[PDB]
J.: 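Here is clotrimazole bound to Cholesterol 24-hydroxylase.
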Amino acid sequence: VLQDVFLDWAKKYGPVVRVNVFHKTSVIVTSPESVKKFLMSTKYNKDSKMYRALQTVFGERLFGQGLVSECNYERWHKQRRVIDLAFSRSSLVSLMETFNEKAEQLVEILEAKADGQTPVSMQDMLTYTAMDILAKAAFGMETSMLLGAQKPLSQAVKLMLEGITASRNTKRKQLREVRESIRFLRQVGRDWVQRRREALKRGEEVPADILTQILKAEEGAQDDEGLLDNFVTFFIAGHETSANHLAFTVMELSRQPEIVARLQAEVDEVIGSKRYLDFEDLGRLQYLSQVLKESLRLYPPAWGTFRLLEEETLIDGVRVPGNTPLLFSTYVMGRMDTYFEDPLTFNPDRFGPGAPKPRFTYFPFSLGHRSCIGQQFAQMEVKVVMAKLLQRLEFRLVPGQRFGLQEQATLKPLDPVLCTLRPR
Ligand code: HEM
Ligand SMILES: Clc1ccccc1C(c1ccccc1)(c1ccccc1)n1ccnc1
């Protein structure tokens, strides 16, 4: 696991280490002061050299210059500020219904299989859930993957992500499948763009959402390619990392009984057996909140980010040449005993009330101007999903399932988190 190699080198060779990552020289930077310096200033910006890979894959245009992959400050600032509107307090509150609907549906589907003997992939289940939530919430569309629909669409996402991996970590069947899948994704967008426009044209009233803001950001452009870049971007960013995080959380909890009991007790105190979770109910799921923060420390789906160091600089008593991609890793810093006591122990008490917040040693949603636009969105959906599962279902990992990670485009469980389930 590449990230675990970086961890070793970080601990042995100190806070500034030259590496080869995605075929390039970069320098991994692991002091909290360096994380603060570079990530908390609009001065430093993403390295296009590292983000080019994501713009186009095997010749086929993918995320282009969408909100994630755009590295020029001014160009990203113009899109971020218009798209920010789709993430206001009251926009996210408007999504609680989607969040509750999909969560409820997931649980019933699992409840129908809850005999203690039917192996279910919590990875796939959680993936379908996040995708269904994203599609409705952001785009006003219903994929219904939870109901077995859109099998080709999920096949297409699967091959695209395998494609990302292959293309940046060092086969002709795959190559066509992958190009095919990326085109499929972009066509799905072209479609859902027509659908929206066609509703507006006949003068229907469409509640403001994410799609609204990315059309709006594209107003005054000769074509729709920037629009689709952004459609594919949110399509993927808005579900894959949430699903990874949900899958890791469930995987870890299966060997954490004391913690689950306490999670069950909390759910029982603040919501009991209530069916629909209001906004104000999430705020009070304090212990669940800690478990989730702790899941992200050990298992961040998005392990880090790159900033371009434009000029030779002294970082932690090491001269670093100009034009150097700086690598930051919350995965690495999360596992260093110098920042976290007993780093390998899953202990949600680290995030308890009273405990000093981690000081630039923990950034699962990144930091500063290029941090995750979807943070609050994600935190809400996973709480809703996790709370529902904690109310109703008990999980048991299938013997011979592993607890390890694989680095694909993001960090995800090695094994698909196969479980048998039981009503609570
Ligand atoms: C547990 C879930 C999630 C995690 C851990 C996560 C993590 C991250 C991180 C680390 C970044 C910075 C990436 C980089 O520097 O290359 C990022 C960016 C981004 N994520 Fe998330 N994210 C998650 C969920 C979401 C959701 C739910 C959405 C959409 C609703 C979303 C949309 C975005 C977008 C558009 C950006 C680019 C932001 C910008 O640079 O202005 N993500 N995410
Ligand atoms: Cl390319 C990808 C696939 C699946 C999930 C996330 C990403 C992505 C990313 C960012 C930096 C380095 C590798 C992958 C991503 C990059 C560009 C466009 C969309 C998603 N991402 C991480 C967090 N949010 C989005």
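The first residue of the sequence shown is numbered 1, and numbering continues consecutively from there. The figures that follow rest on heavy atoms only: side chains count, while hydrogens, waters and symmetry mates do not. All ligand and atom numbering here is 1-based and tracks the order in the structure. Going by what the header records, the deposited coordinates were determined by X-ray crystallography, 2.4 Å.
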J.: What ligand numbers or chain letters correspond to clotrimazole?
T.: ligand 2
J.: How far is atom 21 (N) of clotrimazole from the closest protein heavy atom, and which atom is that?
T.: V68 CG1, 4.5 Å
J.: What protein heavy atom lies closest to atom 1 (Cl) of clotrimazole? Include the residue and the distance to one decimal.
T.: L54 CD2, 3.2 Å
J.: Would you mind checking which non-hydrogen protein atom is closest to atom 25 (C) of clotrimazole, with the distance to 0.1 Å?
T.: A237 CB, 3.7 Å
J.: If you have a sec, work out which protein heavy atom is nearest atom 5 (C) of clotrimazole and how many Å separate them, to one decimal?
T.: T410 CG2, 3.3 Å
J.: Among all protein heavy atoms, pick the one closest to atom 3 (C) of clotrimazole and tell me residue, atom and distance.
T.: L161 CD2, 3.6 Å
